[PDB]
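Next structure: contains zanamivir.
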Number of protein chains: 4
Amino acid sequence: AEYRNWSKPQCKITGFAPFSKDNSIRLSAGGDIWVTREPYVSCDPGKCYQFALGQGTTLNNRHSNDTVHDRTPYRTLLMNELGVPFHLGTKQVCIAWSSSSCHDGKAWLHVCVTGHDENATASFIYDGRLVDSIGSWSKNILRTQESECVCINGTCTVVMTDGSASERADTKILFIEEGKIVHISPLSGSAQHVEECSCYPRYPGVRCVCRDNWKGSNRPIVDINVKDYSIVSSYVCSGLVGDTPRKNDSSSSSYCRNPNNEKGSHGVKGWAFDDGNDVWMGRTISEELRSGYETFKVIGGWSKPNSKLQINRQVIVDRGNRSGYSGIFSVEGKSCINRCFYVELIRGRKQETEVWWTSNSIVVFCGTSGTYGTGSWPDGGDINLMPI
Amino acid sequence: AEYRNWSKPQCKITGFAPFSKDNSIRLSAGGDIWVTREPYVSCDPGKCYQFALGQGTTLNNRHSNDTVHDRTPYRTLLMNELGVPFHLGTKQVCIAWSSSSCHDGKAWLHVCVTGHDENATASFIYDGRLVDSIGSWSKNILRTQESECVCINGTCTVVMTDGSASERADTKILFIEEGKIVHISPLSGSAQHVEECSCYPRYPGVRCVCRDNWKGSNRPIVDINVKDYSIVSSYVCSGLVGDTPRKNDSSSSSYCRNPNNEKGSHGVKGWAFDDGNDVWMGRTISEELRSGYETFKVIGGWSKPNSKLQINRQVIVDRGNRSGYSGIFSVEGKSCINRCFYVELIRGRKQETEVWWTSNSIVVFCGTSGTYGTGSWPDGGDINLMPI
Amino acid sequence: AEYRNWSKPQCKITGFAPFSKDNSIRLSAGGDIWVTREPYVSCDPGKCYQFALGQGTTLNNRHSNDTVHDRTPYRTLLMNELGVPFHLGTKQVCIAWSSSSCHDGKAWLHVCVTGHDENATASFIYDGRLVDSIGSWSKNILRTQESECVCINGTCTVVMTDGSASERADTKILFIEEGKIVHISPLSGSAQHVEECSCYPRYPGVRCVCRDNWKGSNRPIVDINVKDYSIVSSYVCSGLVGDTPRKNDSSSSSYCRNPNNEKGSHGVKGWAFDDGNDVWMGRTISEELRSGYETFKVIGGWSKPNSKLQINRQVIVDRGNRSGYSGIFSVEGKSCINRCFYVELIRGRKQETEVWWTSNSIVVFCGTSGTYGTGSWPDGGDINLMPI
Amino acid sequence: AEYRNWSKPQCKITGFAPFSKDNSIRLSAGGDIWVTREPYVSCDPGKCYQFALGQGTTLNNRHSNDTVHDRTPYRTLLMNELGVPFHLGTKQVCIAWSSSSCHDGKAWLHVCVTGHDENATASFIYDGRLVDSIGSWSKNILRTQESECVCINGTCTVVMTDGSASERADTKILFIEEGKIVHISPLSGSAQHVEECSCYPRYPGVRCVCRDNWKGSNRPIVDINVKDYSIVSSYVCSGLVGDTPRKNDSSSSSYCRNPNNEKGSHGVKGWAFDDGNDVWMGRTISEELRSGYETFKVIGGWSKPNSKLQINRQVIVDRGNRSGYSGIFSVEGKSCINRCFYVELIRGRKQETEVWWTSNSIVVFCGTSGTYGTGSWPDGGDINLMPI
Ligand SMILES: *[C@@H]1O[C@H](CO)[C@@H](O[C@@H]2O[C@H](CO)[C@@H](O[C@@H]3O[C@H](CO[C@H]4O[C@H](CO)[C@@H](O)[C@H](O)[C@@H]4O)[C@@H](O)[C@H](O[C@H]4O[C@H](CO)[C@@H](O)[C@H](O)[C@@H]4O[C@H]4O[C@H](CO)[C@@H](O)[C@H](O)[C@@H]4O)[C@@H]3O)[C@H](O)[C@H]2NC(C)=O)[C@H](O)[C@H]1NC(C)=O
Ligand SMILES: *[C@@H]1O[C@H](CO)[C@@H](O[C@@H]2O[C@H](CO)[C@@H](O[C@@H]3O[C@H](CO[C@H]4O[C@H](CO)[C@@H](O)[C@H](O)[C@@H]4O)[C@@H](O)[C@H](O[C@H]4O[C@H](CO)[C@@H](O)[C@H](O)[C@@H]4O[C@H]4O[C@H](CO)[C@@H](O)[C@H](O)[C@@H]4O)[C@@H]3O)[C@H](O)[C@H]2NC(C)=O)[C@H](O)[C@H]1NC(C)=O
Ligand SMILES: *[C@@H]1O[C@H](CO)[C@@H](O[C@@H]2O[C@H](CO)[C@@H](O[C@@H]3O[C@H](CO[C@H]4O[C@H](CO)[C@@H](O)[C@H](O)[C@@H]4O)[C@@H](O)[C@H](O[C@H]4O[C@H](CO)[C@@H](O)[C@H](O)[C@@H]4O[C@H]4O[C@H](CO)[C@@H](O)[C@H](O)[C@@H]4O)[C@@H]3O)[C@H](O)[C@H]2NC(C)=O)[C@H](O)[C@H]1NC(C)=O
Ligand SMILES: *[C@@H]1O[C@H](CO)[C@@H](O[C@@H]2O[C@H](CO)[C@@H](O[C@@H]3O[C@H](CO[C@H]4O[C@H](CO)[C@@H](O)[C@H](O)[C@@H]4O)[C@@H](O)[C@H](O[C@H]4O[C@H](CO)[C@@H](O)[C@H](O)[C@@H]4O[C@H]4O[C@H](CO)[C@@H](O)[C@H](O)[C@@H]4O)[C@@H]3O)[C@H](O)[C@H]2NC(C)=O)[C@H](O)[C@H]1NC(C)=O
Ligand SMILES: *[C@@H]1O[C@H](CO)[C@@H](O[C@@H]2O[C@H](CO)[C@@H](O)[C@H](O)[C@H]2NC(C)=O)[C@H](O)[C@H]1NC(C)=O
Ligand SMILES: *[C@@H]1O[C@H](CO)[C@@H](O[C@@H]2O[C@H](CO)[C@@H](O)[C@H](O)[C@H]2NC(C)=O)[C@H](O)[C@H]1NC(C)=O
Ligand SMILES: *[C@@H]1O[C@H](CO)[C@@H](O[C@@H]2O[C@H](CO)[C@@H](O)[C@H](O)[C@H]2NC(C)=O)[C@H](O)[C@H]1NC(C)=O
Ligand SMILES: *[C@@H]1O[C@H](CO)[C@@H](O[C@@H]2O[C@H](CO)[C@@H](O)[C@H](O)[C@H]2NC(C)=O)[C@H](O)[C@H]1NC(C)=O
Ligand SMILES: CC(=O)N[C@H]1[C@H]([C@H](O)[C@H](O)CO)OC(C(=O)O)=C[C@@H]1NC(=N)N
Ligand SMILES: CC(=O)N[C@H]1[C@H]([C@H](O)[C@H](O)CO)OC(C(=O)O)=C[C@@H]1NC(=N)N
Ligand SMILES: CC(=O)N[C@H]1[C@H]([C@H](O)[C@H](O)CO)OC(C(=O)O)=C[C@@H]1NC(=N)N
Ligand SMILES: CC(=O)N[C@H]1[C@H]([C@H](O)[C@H](O)CO)OC(C(=O)O)=C[C@@H]1NC(=N)N
Ligand SMILES: [Ca+2]
Ligand SMILES: [Ca+2]
Ligand SMILES: [Ca+2]
Ligand SMILES: [Ca+2]
């Protein structure tokens, strides 16, 4: 077992091909399935796992009532092989209402945040044991990525924020070796609010695309140097912006450096990645709600401010159907590093009042150098047939 | 771990012996069990797995209503060790309403087709990662074997069709190395319609027996050369024909080359294999419906046009009970390659209107060089005791 | 991985200590648990597994009605790690209404009998593949041990019977190498009826204690020489006899050679083993019914005809509670071979008419060279609280 | 695989960080989950497992009625990976109404006590086989730790008691090598009543902190020398005492040697460990009931009689919520041995009469050298929403 270095070129990407779907809401109506939100995917050198924050209950269960809330002492991080739905034999790997996980080539790191809003604790669990912890620095909901961290040569990086959801906050990037925090770098650069980073290896460093919850509907970028620990930050250049809410495609803007101040408050976790001058990105189809999901390439979208020249659109979830969070993960192939993404498909309250609970299923796609057609892969639960 | 070459002689076969049964419909009445159809069996060098296309629901579940339909975005390929029924802890290995899987000696390949009828995508997943994809070439339900593919020296072959179910279509044979499509050969030869191939290693190549959905109640043969990529095709010589529907045993014919034009439209997935001049084959007992299942050898049935000299009949499922799809798989023994087969036992709509769902169980037999008796191994669900 | 030779002395035994219990009937009232009978235990070099013949249904299931019957096409052999109850994720390793399993040091052999009463088939499955089969020789319920077979230096032995349950029958001992039948020896010697043998390694050969269903309430012994394939047989010398039904302890007899002709018809699977001149044995406490279970040593019970000098009695199941089948298994320790046994605890019809089903749980004890106390470990299901 | 020696220094501890929670009571209301009590945690060199004494039933099950009782023949020791709740696929590793388990670096030892109150048997199971047993010496509820044993260089130690719960009893320390009892040392020293020891490696020996059920609300210490087999004992010096019941913090006392005679009768399993002159310890917040759970360091609490100088308090379970048993486990890191603890969260009768059953969930924390905040992690079941 050697440490991952991710020192291969990024794979050619012509778009994305179907990879996985768990259909967990449909199954919940005829089986004991965990209530979840904030899912993600991360893979060890051999195989992929799906993760989510449990609500400490199954769906067909009186405890599922009012599971819309984000933070309780009963939330734990679930971990199954990808494609295995969260049944009662699912392992809860730590106590968490915010998490990030990654494999360094040798073992799994889990970063798990729980406790009081005003004084939370993050535990660092590596190779099945607790190695480190840190208390809240700003005493206002310490929180992390809700997707995979990234490790190079045994140094794993994870982005965490503490402080306001609607003003300047204190974001820090932790460097972790075999579960031990060896360095913490405060955020630097021009990103003005950073949450829920979707990070990927871009040898020799790590690159993240995140959520600005304050003034931006354009997505922040954070670049992390694992050798000198320097942090830089800015915004995705693309004038087709990635956050929800946002303005329409003709009114939206981004000039690469500053929050656009266009329906900037609130947000959704999302992702994008660079290919030379171009960007690949996903987003909800709706500009207001977490409904629909589309991916596309913006020509010049990485290096040219405010570019809106799109190509290679794919519908992942049709506009009539609910989506949610999305995030990136990276998979090492024979000769290149591939980029994949998941979409959380949220069902229940508050939007759907037919039931009392709030949960999600997942759908997953991976980059391809081949060809593909079209479809739509929504949750598929019939809200009127569900246990309430 | 070395690549499979399958370079051993075929085992002596005197008939088939019971190997596995999952009883999943009976269990569905008292437990959370997936709704499935189109099952199959494939084995790695150590052990066998059962596969099926899920309907994204369990049977005792309101979502099981009207699961007769062939293609939805909720269908996924299930994979368990053979004999483990599709319980809620079953892994969904990809999104699929048509699939083929095989192990090359080192890792599993899955071929999975999903998306719009008119523009489907096939994903190629090898060793737990997406390696390739292809879009629909004829824009009319791209589809594949619904049974195991076959790999020799690391080249895996899979037969796919796109186009009409009731006229000339575009069948292609893909050659896949570690999940990457390295070559695609169009169908050639005298088979006029080819679907749902049951393929087996016949060193140095691959041989398939398939479904003609158009003009043949005789089964097509496709031979695949993995070195020069040439394809040839014809029909099983046996005058006792293998498809359903078909004419009676006295009226039926085949002359080895052309569809017989005898109740040729429609069909069922099935199998046959050669032993010198003789053929072993299975088929439904009913000539009209997917009811009963019998196996036998036809003396001269491989090389003599229209031979009807049968011997070594076995009843697998009595004529009063429902069958369905069937297919071949191959298992490497100490000194020879054995041939085995599964039978899908379909229950529910449209034939049985007592329930709203459509599902199946499975029964599995393997070739033997020993002796055996008689029996009948049907599904065993009591349609009047089932959840509706 | 080397073949087991079992070439160590038998461990010192002062009695038996509790090893396992699965409590499956109690669990069946609040969970999806298989309906079973005829359970047994066998261990690979590392760990033990529990086995049973399923009835192709869970208990809380309409299909559990009238599961008293011995033989159906839905019965399969279940296999879990010992102590894991037969939940819905349990593997069905073959189709069987009669079975025997054993590990040769390298891999598992399963012997599985299914099909028509008058023309059954036994499949031989080794290392996950079908290697051999044999048809019924006497056309009257081919059947086997319902407990572990035994392998020495890669030759596995299994005792099978075909023919009358109430007159002279045709018993044969099969010698099996990597799943292939290499030799079959007919029963020889003075045992007049032999069923359901409980066999154990007694280097350099195999020794079995069985059920006489015809004229004996004394238990037959069959000795198997794995080098020259010779079979000899007689009866356990002990005047305290092991079968049910039987006469009382003062009226019972055995003189080592012939069936005692004392309430000889019918029987129950059971076990005994030798220690020099002494015998260890178990039996039901009731002389008429399968109720209670006791173990003891008979001083002189192996070599002295009709000895009744007992010592070291233990109650395993109190006389007020139901038992059933019992059988031996052997476990290799550091320096000796230990002997253990299981007891099937049968619940339901026909004896208990409060429910419609027939099932069992299990309890397991192992020989000890240490000390122990007393107890009683019955099924524990409350028949009046069970699903019907 | 080498034997554990635990020959590293104890880790720096500044307090404890969240590690695991299973939420099993909440899940029990919508899924088949075992009824348990007396849980614990023990880890092999790679990963941690959770253990508990089952009641031979799931919670949503008529057999769960009146599961308040401590000892039945249906109780078994359950073992899952830590964080996997006790679902129906959980392994029952032995028959037990009292247990201790530990891994010696090569294999698992289980110590399991069952049978009649007046004549119980303890089985010693190592590497999946029964190696030894001992009968009750004092004929009055032979019993053990209900938490992990400890092994050094292949010698495992376990503390057992037989005799009165309310007067002088017969405690013995067993030394076990590969499952075989090689030596038994009677308790010696000034501890006057010793039950339910929480033991940890303190190279070159083993140290335990236990429950005095008779005259002490201060906790006994037992030190075990694994080389010369000598036993010494006393009481934790801290004037803030660890048992429940106890007097208030101002009235309580301990002078290190003798039971304090302060509300000494009854007790709860608990833990403490030394760091030079200081002690870390947990206890219920309530002085009368098993409610709340707090941890803290007492400065001088190991070596200075009656010290009450506390620092580094953490609330684990708020005072309004139920706790129960607690115990220590040790985890080997890169350069030091860490100390962790679990808390049993008891729900149901007799305290909560809304339901008929008695069960528990668990929460687990590990020592940290980092920082942390605050929270409360109670069971979380709504007693008014539970199946009864
Ligand atoms: C079977 O499946 C395949 C694979 O999914 C699918 O092919 C894909 O089709 C989509 C939709 O057409 C393609 O994505 C589009 O790409 C165009 C640019 O490509 C065209 O123009 C260039 C340059 O001239 C040519 O080289 C090229 O050949 C094409 O002709 C983008 O313009 C598209 O974006 C617009 O349309 C979207 C809706 O489709 C809008 O959502 C989006 O906002 C854009 O609209 C606005 O921008 C336009 C200018 O960009 C302008 O007209 C207005 O401002 C407008 O309002 C979109 O990204 C994708 O590349 C194809 N994939 C591949 C690999 O070929 C097949 O269509 C499908 N067949 C069926 C019937 O199912
Ligand atoms: C216990 O279990 C064993 C194993 O399953 C079983 O033995 C098997 O019996 C079946 C049924 O008889 C055998 O299969 C048949 O084989 C004959 C040919 O074999 C005979 O003829 C040759 C050549 O002269 C002899 O060497 C040989 O010894 C036999 O006498 C086929 O003719 C059979 O096919 C016909 O009958 C079927 C129904 O059984 C029809 O479905 C089928 O359509 C065929 O019917 C038509 O063809 C006939 C000419 O072929 C002619 O009469 C008419 O056209 C007719 O309508 C069938 O394949 C099988 O070989 C045996 N297996 C072995 C290994 O021996 C025992 O019977 C069983 N016992 C019981 C009581 O359960
Ligand atoms: C705590 O747990 C331990 C371990 O389980 C338990 O000890 C065991 O007790 C049983 C029951 O007494 C013992 O088994 C009996 O052994 C005697 C022979 O031993 C005695 O005699 C010899 C020779 O003189 C002495 O060396 C020895 O010290 C003993 O005194 C057998 O006779 C017993 O069989 C008879 O009684 C059974 C009921 O207990 C009947 O079911 C059985 O049919 C026998 O009855 C008939 O035979 C008698 C002559 O054999 C005669 O009296 C009449 O014919 C009669 O009707 C039985 O096998 C066992 O050896 C002990 N185990 C060990 C290791 O010591 C403790 O008793 C237990 N304590 C409590 C209170 O729970
Ligand atoms: C965010 O999260 C952090 C980490 O959990 C938390 O910090 C921790 O706070 C607790 C509670 O204050 C600290 O534990 C206490 O420590 C004091 C001793 O520390 C003080 O005094 C020393 C010596 O002068 C100073 O060096 C040091 O800086 C501190 O000022 C103990 O006295 C505390 O025990 C008493 O209070 C408890 C309730 O909090 C009682 O339950 C307990 O019985 C004690 O009460 C009695 O004793 C007193 C003297 O000891 C005396 O006043 C009376 O007799 C009294 O009745 C307690 O152990 C802990 O050390 C902090 N942890 C760290 C690592 O700093 C933050 O508070 C938290 N913030 C929020 C708002 O959530
Ligand atoms: C995209 O949003 C812009 C900005 O709101 C829309 O432009 C406005 O449209 C209304 C008429 O519907 C006018 O009264 C306003 O003067 C416009 N505002 C500005 C600032 O231009 C535009 O219509 C939207 N485009 C689409 C296609 O919906
Ligand atoms: C097999 O099918 C053939 C073809 O239909 C049947 O032959 C027909 O039988 C009817 C009488 O029932 C006659 O009126 C027709 O003239 C026949 N047609 C031909 C073309 O021969 C034959 O009877 C069937 N055999 C069996 C055993 O059912
Ligand atoms: C054991 O069984 C024998 C054989 O039946 C019993 O002896 C019989 O008892 C009855 C009186 O109850 C007499 O009328 C018969 O003459 C006896 N028959 C013989 C052949 O002796 C004996 O009583 C039984 N022993 C016990 C303890 O139940
Ligand atoms: C702790 O317990 C002590 C001992 O009972 C309490 O002291 C008693 O308090 C009552 C008044 O409430 C007096 O009448 C007794 O004289 C006291 N007894 C002794 C022996 O001192 C003390 O009040 C308790 N402390 C707290 C904070 O509850
Ligand atoms: C720690 C926490 O509660 N994070 C929140 C997150 C957060 O409110 C925003 O990013 C603003 O800061 O929003 C959302 C959301 O759906 O918008 C869900 C997350 N829920 C959970 N991770 N549990
Ligand atoms: C891709 C697809 O829908 N294939 C069909 C197949 C097909 O309709 C015929 O071969 C004609 O082309 O028929 C059947 C069938 O039962 O006849 C089931 C298959 N269902 C699934 N594989 N899902
Ligand atoms: C193959 C078969 O049916 N064997 C029978 C067995 C048999 O009837 C007797 O030994 C007489 O021959 O009896 C019993 C029994 O409980 O007495 C159960 C077995 N049931 C099963 N193994 N399924
Ligand atoms: C063997 C046994 O029954 N031990 C008891 C234990 C015991 O009563 C006291 O320590 C007094 O001796 O108390 C308790 C308790 O909750 O106080 C539970 C234990 N239950 C179980 N381990 N099953
Ligand atoms: Ca925003
Ligand atoms: Ca056809
Ligand atoms: Ca008999
Ligand atoms: Ca006490």
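To find a chain's letter, count down the sequence lines: the first is A, the second B. Heads up, chain A uses the PDB entry numbers, so what you see runs 82-469. We number chain B the same way the PDB entry does; the residues here are 82-469, in that order. Residues displayed in chain C correspond, in order, to the PDB entry positions 82-469. Numbers in chain D come straight from the PDB entry, and the residues shown are 82-469, in order. Heads up, header says this was done by X-ray crystallography, 1.6 Å. Atoms within a ligand are numbered from 1 in the order they appear, just like the ligands themselves.
- Here, the model contains zanamivir as ligands 9, 10, 11 and 12.
- This structure shows the largest set of contacts to zanamivir (ligand 11) coming from the chain the PDB entry labels Neuraminidase.
- By chain letter, those with a heavy atom nearer than 4.0 Å to zanamivir (ligand 11) are C.
- Binding site of zanamivir (ligand 11) at 4.0 Å (heavy atoms): C:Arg118, C:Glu119, C:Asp151, C:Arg152, C:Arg156, C:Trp178, C:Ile222, C:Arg224, C:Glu227, C:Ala246, C:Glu276, C:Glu277, C:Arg292, C:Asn294, C:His347, C:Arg371, C:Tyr406.
- Listed by atom number, the atoms of zanamivir (ligand 11) under 4.0 Å from C:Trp178 heavy atoms are 1 (C), 21 (C), 22 (N), 23 (N).
- Below 4.0 Å from some heavy atom of C:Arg224 lie the following atoms of zanamivir (ligand 11), by number and element: 1 (C), 12 (O).
- Distances below 4.0 Å separate heavy atoms of C:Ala246 from the following atoms of zanamivir (ligand 11): 11 (C), 12 (O).
- Using a 4.0 Å cut-off to heavy atoms of C:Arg156, the atoms of zanamivir (ligand 11) that qualify are 23 (N).
- For atom 7 (C) of zanamivir (ligand 11), no protein heavy-atom neighbour is found at a distance under 4.0 Å.
- With ligand atoms numbered from 1 in the order given, zanamivir (ligand 11) contributes 22 (N) to contacts under 4.0 Å with heavy atoms of C:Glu227.
- The organism that the entry gives for chain C is Influenza A virus (A/Shandong/9/1993(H3N2)).
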